[PDB]
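Summary heading: complex between Taxol and Tubulin beta chain.
Chains: A, B, ... assigned top-down by sequence line. To match the PDB entry, the residue numbers of chain A are left as they are there, and the shown ones run 1-38, 46-437. All residue numbers given for chain B refer to the PDB entry; the residues shown span 1-38, 46-437 in order. The PDB entry numbering applies to chain C: residues 1-44, 47-360, 369-436, in that order. In order, the residues displayed for chain D correspond to 1-44, 47-360, 369-436 in the PDB entry numbering, which applies throughout. All ligand and atom numbering here is 1-based and tracks the order in the structure.
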Amino acid sequence: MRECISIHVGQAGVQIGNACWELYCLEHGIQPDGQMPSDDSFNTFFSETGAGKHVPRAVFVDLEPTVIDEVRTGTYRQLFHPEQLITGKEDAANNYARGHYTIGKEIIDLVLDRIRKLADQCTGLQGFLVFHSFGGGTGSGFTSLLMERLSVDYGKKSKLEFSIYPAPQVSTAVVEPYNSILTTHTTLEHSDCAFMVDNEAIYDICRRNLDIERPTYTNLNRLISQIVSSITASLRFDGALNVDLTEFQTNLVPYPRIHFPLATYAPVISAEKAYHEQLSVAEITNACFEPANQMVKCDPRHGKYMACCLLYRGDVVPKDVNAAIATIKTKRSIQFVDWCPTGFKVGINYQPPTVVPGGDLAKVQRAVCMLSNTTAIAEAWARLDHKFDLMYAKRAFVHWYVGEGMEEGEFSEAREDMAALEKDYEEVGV
Amino acid sequence: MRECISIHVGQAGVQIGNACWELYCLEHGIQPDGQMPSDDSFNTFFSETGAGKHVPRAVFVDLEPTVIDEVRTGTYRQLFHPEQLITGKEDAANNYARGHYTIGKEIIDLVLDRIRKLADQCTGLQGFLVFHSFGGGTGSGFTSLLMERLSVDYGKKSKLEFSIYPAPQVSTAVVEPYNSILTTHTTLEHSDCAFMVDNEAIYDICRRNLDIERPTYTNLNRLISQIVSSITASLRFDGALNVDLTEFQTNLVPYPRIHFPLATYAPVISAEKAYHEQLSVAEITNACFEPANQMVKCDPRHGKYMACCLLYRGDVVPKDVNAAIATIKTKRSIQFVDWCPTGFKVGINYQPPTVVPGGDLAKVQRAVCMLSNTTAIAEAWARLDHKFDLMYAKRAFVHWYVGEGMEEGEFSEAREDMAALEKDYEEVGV
Amino acid sequence: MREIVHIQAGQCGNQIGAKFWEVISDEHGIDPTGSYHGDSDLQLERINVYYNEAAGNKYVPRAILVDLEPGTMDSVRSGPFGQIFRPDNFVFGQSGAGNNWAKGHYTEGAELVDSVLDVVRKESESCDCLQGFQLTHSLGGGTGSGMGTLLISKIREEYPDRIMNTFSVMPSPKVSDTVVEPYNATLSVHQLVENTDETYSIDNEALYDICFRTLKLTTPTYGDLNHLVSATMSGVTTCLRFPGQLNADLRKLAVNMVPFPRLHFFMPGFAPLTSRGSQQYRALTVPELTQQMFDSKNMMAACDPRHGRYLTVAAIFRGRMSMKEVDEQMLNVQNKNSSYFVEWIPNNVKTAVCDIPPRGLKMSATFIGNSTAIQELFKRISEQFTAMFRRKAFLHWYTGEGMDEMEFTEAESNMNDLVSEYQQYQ
Amino acid sequence: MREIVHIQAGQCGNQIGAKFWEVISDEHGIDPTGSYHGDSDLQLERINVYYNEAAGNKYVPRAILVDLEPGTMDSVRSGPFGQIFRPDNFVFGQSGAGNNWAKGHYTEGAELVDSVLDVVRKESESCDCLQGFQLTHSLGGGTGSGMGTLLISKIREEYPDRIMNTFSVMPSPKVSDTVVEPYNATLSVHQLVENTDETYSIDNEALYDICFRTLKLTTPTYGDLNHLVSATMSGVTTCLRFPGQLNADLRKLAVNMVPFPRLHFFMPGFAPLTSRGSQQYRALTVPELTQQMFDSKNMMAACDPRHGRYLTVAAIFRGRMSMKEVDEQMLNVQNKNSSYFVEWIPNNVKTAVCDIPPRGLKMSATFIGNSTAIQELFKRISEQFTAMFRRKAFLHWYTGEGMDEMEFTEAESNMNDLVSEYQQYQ
Ligand SMILES: CC(=O)O[C@H]1C(=O)[C@@]2(C)[C@H]([C@H](OC(=O)c3ccccc3)[C@]3(O)C[C@H](OC(=O)[C@H](O)[C@@H](NC(=O)c4ccccc4)c4ccccc4)C(C)=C1C3(C)C)[C@]1(OC(C)=O)CO[C@@H]1C[C@@H]2O
Ligand SMILES: CC(=O)O[C@H]1C(=O)[C@@]2(C)[C@H]([C@H](OC(=O)c3ccccc3)[C@]3(O)C[C@H](OC(=O)[C@H](O)[C@@H](NC(=O)c4ccccc4)c4ccccc4)C(C)=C1C3(C)C)[C@]1(OC(C)=O)CO[C@@H]1C[C@@H]2O
Ligand SMILES: Nc1nc2c(ncn2[C@@H]2O[C@H](COP(=O)(O)OP(=O)(O)OP(=O)(O)O)[C@@H](O)[C@H]2O)c(=O)[nH]1
Ligand SMILES: Nc1nc2c(ncn2[C@@H]2O[C@H](COP(=O)(O)OP(=O)(O)OP(=O)(O)O)[C@@H](O)[C@H]2O)c(=O)[nH]1
Ligand SMILES: Nc1nc2c(ncn2[C@@H]2O[C@H](COP(=O)(O)OP(=O)(O)O)[C@@H](O)[C@H]2O)c(=O)[nH]1
Ligand SMILES: Nc1nc2c(ncn2[C@@H]2O[C@H](COP(=O)(O)OP(=O)(O)O)[C@@H](O)[C@H]2O)c(=O)[nH]1
Ligand SMILES: [Mg+2]
Ligand SMILES: [Mg+2]
């Protein structure tokens, strides 16, 4: 009942996983060895063996051994089933075609089988939670090989997808635009709700709200994990207005292809700041409509809102929430589309946000995660297809992709399909 | 009441015996000196003398001294009666005709005298358990000499036979195809249920399920003994649905010559994984229908099932078993014959599988041994009679067999009789 | 798990190699005896990248040593780490290359290469999963230039899909010890442009400039030059030997570094580099580590990158550091220096970050630049070559080995084709 | 319990024999005095296979020592282990064989064989169950070639069903010490093809090739050659002296190794063999033992197996090892080398595995090849014989012993019949 299989692909997905599973163990009170000292609240994420050991409903996949061998050696080595951690022989080299066509074939039929040996333990599997990098070779190419299989083997089941997406200026690779554009078929055809996130936006959120001058990835992953906990909290706990994983989508997604919401969390705040402000429902609701808190570097004021899911958790009351979203409807800078007169889906859940004890983020009685479908996100696509255009006009790295079994025409067919999505998000704003 | 005489022949049968008697001693709580510290559960396998010493109902036979002199010197030197460990001077040289006509001709009337002195201590002897190699000279030739005698001396009594059979690729001898084909008269005419087992299939089970990268024969024999403990468990213990040794045959054997079932065991599992798998009755039932767990390298999907005996042991309930076999009947890849609408014989026994303390195979609440009559096994015969045909077309080693008193025409008469068995298993699938 | 096979050719290749084996053995915590003596499980968890296990827990380097004289084998084997190598992996001739490429490629190394290749086969098939070949040599003289490129050709034909990664010390005008260096180098670069997946171009003039104007060494030896080379050799494989925030295999470098197939001639560098009398006064922090790393003085080929544009740079950082600070600095560099990067690539910098800095450093960066300025190294060699070849000088020593004058015309033709392809994007 | 009777003939047979008795006395832990001094019960359990028990728990080896000269008896009796043998079992003449087969077979040894054979009876009647005869000799010269094959004929007629198993050092052109070597061997091979159940063909050219190209010995003696032979003699009987996962008697070898009655001219080998200065760098394990064992440089006859196909190979392993790993490697060899095995046999490799490896190594493998490449050993002797015999050279030394010219014609006829039967299955 209410299970979610969680798939963590390549270094970014595995390292966000290593923060998600750090959080879910604390929030359910599971030890890092998988035991539980002293109710079904853990069941969405944890299978229970007869011995009294909890086991996570997850798969970690990397085509190179290094990051998953860290998990198999660090403090979580006792938690996972030693076959649900899957390592290939050779790296995908930031090349989509190694992930999808050449190295992915040597491990996909093992990955998909271990996913099936998790599904046979569920009773009403609610959906999939797929975590990856858009810029990676495994991140783009292996996720796109895996989603194509999952979308024929589990066609009804909703596939939610958490993507670290290329930034305006911050980048780690030269070929990040190629891998991202080649991924756009995956998200359009074989995904049901795709949460784009940006490293440069979280780096700025960390600088302004957390007072941390120079963050690592472990800081970012303790913000991305906090969103997925807050999405799943209605699946795991009691609330005044619990939201199902399918109910969420019926309010977020206005049209079949328009399933790329922004996400944001409030209050992101340092423990030193959190004493000197009161953090009421109205304050944390207004914080979600600041450009300063969006986790993709695009401005929501250059768009129109189609729908917002305000998923509150902790000590919040429907009085306060209605009184808050009445002020958001009053502000003329926050503009909805003419065809969504309701605008807001509200969720309210009684479980406060857990604090990771080694984290930068305050204890707070309340949080909200706002997940928001808006026309503005098309600018994050207009940035990256302008990076693609400069390189494909030269064929600047194309021999590495053609050399590993890809058709050269797939680059044109992917830039074409992205232009049809960037068209669709401009078309519905009117 | 409910005795079995276990006859262990050649090196393979004696070394499987040294694992069988290692297990039975642990399972009944008998010390390796035959004493029992502190119900008649042991009575099937052990005679009890007035000193409080339990002596096994076993005969060990080899035409050479080396392997039984090791049994006479190791930890079990005090278990066995010294004259039921039987040895000759001269090795059978992987030559059937030395085992049958020339060397075993001398030891046979001493082997029978021990079997007579064991049967005269039984009261309602249930049958014989005969352990051997198909590829050996003692394994093929001496077992076929002995069975011809036991089938006139004890004509009513059920003769169950456990055979290590030649593999698709793994082989230890050049003449393994000759000895195996010459044995096919023994199993057809002088046996009642013959369990073929393959070294290469267990080597692959060890690699995939125990995760031992490089196993010895001690690892194989500890799986082969575990199946016979599970066949005999209903003779030895209390259960919900105990199965008699002839009740077993009345459900396994559809036709007089169609008595070559496959065997498999589940869960084969290591201590690394047994604490993370559920090992529910549904999973360990389904594991028996995987090609991955069959102990002969043939694919059951290239056959049809005639009958299955699912012999469960440990903590199981008839609710769970009926609910499990209902899913097996639902799966279109597991195909029964049109003339067996019932298909399944179920046994359920309350005694869990005993761990050998030195072993790789983990402690578990449940096991099933599935013993299964299927048309697929004819491919393991089609492999080996194609090895025979290449050598007999040249008469490639025939002078060693003709030189030791065999008729040359017995090779044609054995390849002929094998083709009539391989015909019978193809004929009944329709 | 991503094994490497490492090969040393001639005096220079065996000297930069036998110094590298002292560096990566100090990283992995291996005694000169071959015994493990390190601190950390992270030192041992990837020792299979460069070593084989042997009985008694002795570790043997997966190195093959090649020469046409015994005297460099005697110099490596009698050296500080000389005991650590497998005695049966020393493969040698008994008369030198004479500083002649054609002796290396056609006569004295053509005899020997079959006894190299069967040792390379023994070590490569004994690997679990080979990633590539790491070959150290020089382009001057005859053993490294002519036998090493024969050996690249033979290994390339047998392992077509594995990374061929070469570290190539090569001629420059103001620091030279051979008359026939331009001939040997021109005949050798003709093999590297076709066969290698990466070649790291290294210069004794630039390695002396680091020693004089950065380290302030009064009398830098070849042992001090070999220490600068081997730091960048340890640097680029770090991400398959140790964990990190961003992992980059040698192939993950190649896909990002090499836009068009033949433009794989890189220029390495290292940070920090200080005098031992100024390490007390400097911060090793990522901004200071970056301002050094992009300095025209820090790079190990004499080509000033300000005489061209980078196609790609890779900065492989090591140590506990912020990804914001690393991503900030690799942005600030290519925006404030935008006239020195090609403007048809939207980001020219690859980054990688390992969690384990070199022993005795809190941070390190290894730099790889694919600058068009490297046209100057191939140009000046081609201009030295042209002057000797226009009058056929010294060619009886090469044509005596049965080489054609047509092969000199064709090698310098292919050299100018390499110069033209770098100049095209400038 | 499967006793063996061992017989030594001429200088070579007594020298490979007197070294063999030092090797198996080290295995069984027997002192040069004949007293037992070993570690283990397994050493004593089968000591009857090669020794007789005598008073005071002294062990006396079941050798018969045969020569036509006293000087090799004097050299054995005075040697490292000479005092071990029974004084009555030294059976000898005074005037030698003159390197003449016909002196061995018709004159000097025909006188002596009545005094040999009646000692072979005293040892065979002291046996509980004799399995066979293990005869060491050479096919060059006159004592081993001509008296040893007289003695094979006499023991074969008296014991027709016991294993006759011979270790036969035999001529080759590049390592030769006798003018009439081709004659003596051709007259002797004519007896071996009819009477023996197994003959292990050994060559001084191949035993010197192991000493130079594997062991790297600078000056290999006959004592070093005798050590390589006697390692494979200890090897093939191991499975009746020690326990194992797969036991193979000399008869269990013969049934698997000899497809057609006369094709029993085997070719032995041994592993691991390592250069003395290199052992610490080598991993002792089943796939390295395999890659040595199945390579053309390791076999103890001059025949390169790449000039034929194997009929059967037996690999008798010793040590604690996996049956999956043994069965995997003996599969991988004959599938990856399938052009070198006959394709009318569906598996060409016999395996055996003993639990007790030789003293001082963790594992070992004795290799026995049967291959159509053994045609080359019989061919080159037959063509050296032919080139002398067309001009009747040296025949007055043989016809002086009353031998016919017809016996030379009939021996070389039977030699070409043995060459033709191996070449038939090529
Ligand atoms: C107290 C202190 O700070 O000591 C430093 C030091 O003073 C300086 C000057 C060191 C020092 O470097 C040199 O003296 C040197 C001389 C000629 C050529 C190259 C280097 C040092 O010797 C070098 C040494 O580096 C290492 O030990 C690294 O692990 C290095 N390996 C070796 O140098 C090595 C030496 C002997 C045997 C085996 C290895 C390494 C480099 C890259 C990748 C892996 C390992 C270090 C930190 C120092 C001293 C000791 C003074 C410097 O080198 C490095 C690589 O850090 C030179 O400029 C840097 C900055 C350092 O501050
Ligand atoms: C520390 C160490 O590794 O010692 C080894 C050794 O260095 C090497 C080089 C040994 C050594 O072998 C030789 O030197 C040699 C020289 C000429 C001809 C044959 C051998 C060794 O002497 C030989 C000796 O082997 C034995 O003792 C065997 O049990 C052997 N018996 C004898 O050699 C022997 C010697 C004196 C008296 C009686 C017996 C044997 C072989 C087959 C069957 C039964 C017994 C061993 C392990 C070693 C040394 C001591 C260096 C090697 O031999 C063996 C049989 O292992 C040669 O290649 C192997 C690999 C070994 O590593
Ligand atoms: N927030 C965050 N971003 C990460 C993390 N790890 C990697 N990234 C991002 O991942 C993007 C590039 O993808 P890769 O890390 O190379 O993805 P990959 O699947 O491992 O790629 P391959 O090595 O080719 O298989 C970069 O833009 C990084 O900023 C992490 O732990 N947290
Ligand atoms: N699983 C297993 N297989 C064994 C064992 N011992 C031998 N075998 C198999 O036995 C088969 C060959 O038969 P032999 O071992 O030679 O049988 P044998 O009766 O002793 O033959 P003879 O020596 O001629 O008397 C091979 O295919 C081996 O894989 C053992 O302990 N376990
Ligand atoms: N860095 C470095 N350069 C060297 C070394 N030895 C020689 N060189 C230089 O680089 C060139 C190498 O050529 P060399 O290796 O002698 O030719 P080879 O032996 O025929 O391959 C020489 O002319 C020297 O200038 C050394 O130990 N280190
Ligand atoms: N391996 C080995 N070969 C020997 C030895 N002594 C001689 N040989 C060689 O093999 C041949 C043996 O012939 P030999 O035994 O002298 O003839 P015989 O005494 O008449 O039987 C000689 O020509 C030598 O080349 C020895 O100790 N060991
Ligand atoms: Mg990756
Ligand atoms: Mg046997």
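- The structure holds Taxol at ligands 1 and 2.
- Taking 4.0 Å as the heavy-atom limit, the other chains contacting Taxol (ligand 1) are C.
- According to the PDB, the organism given as the origin of chain C is Bos taurus.
- At a heavy-atom cut-off of 4.0 Å, the residues contacting Taxol (ligand 1) are C:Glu22, C:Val23, C:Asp26, C:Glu27, C:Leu217, C:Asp226, C:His229, C:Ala233, C:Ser236, C:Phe272, C:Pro274, C:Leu275, C:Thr276, C:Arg278, C:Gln281, C:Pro360, C:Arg369, C:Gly370, C:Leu371.
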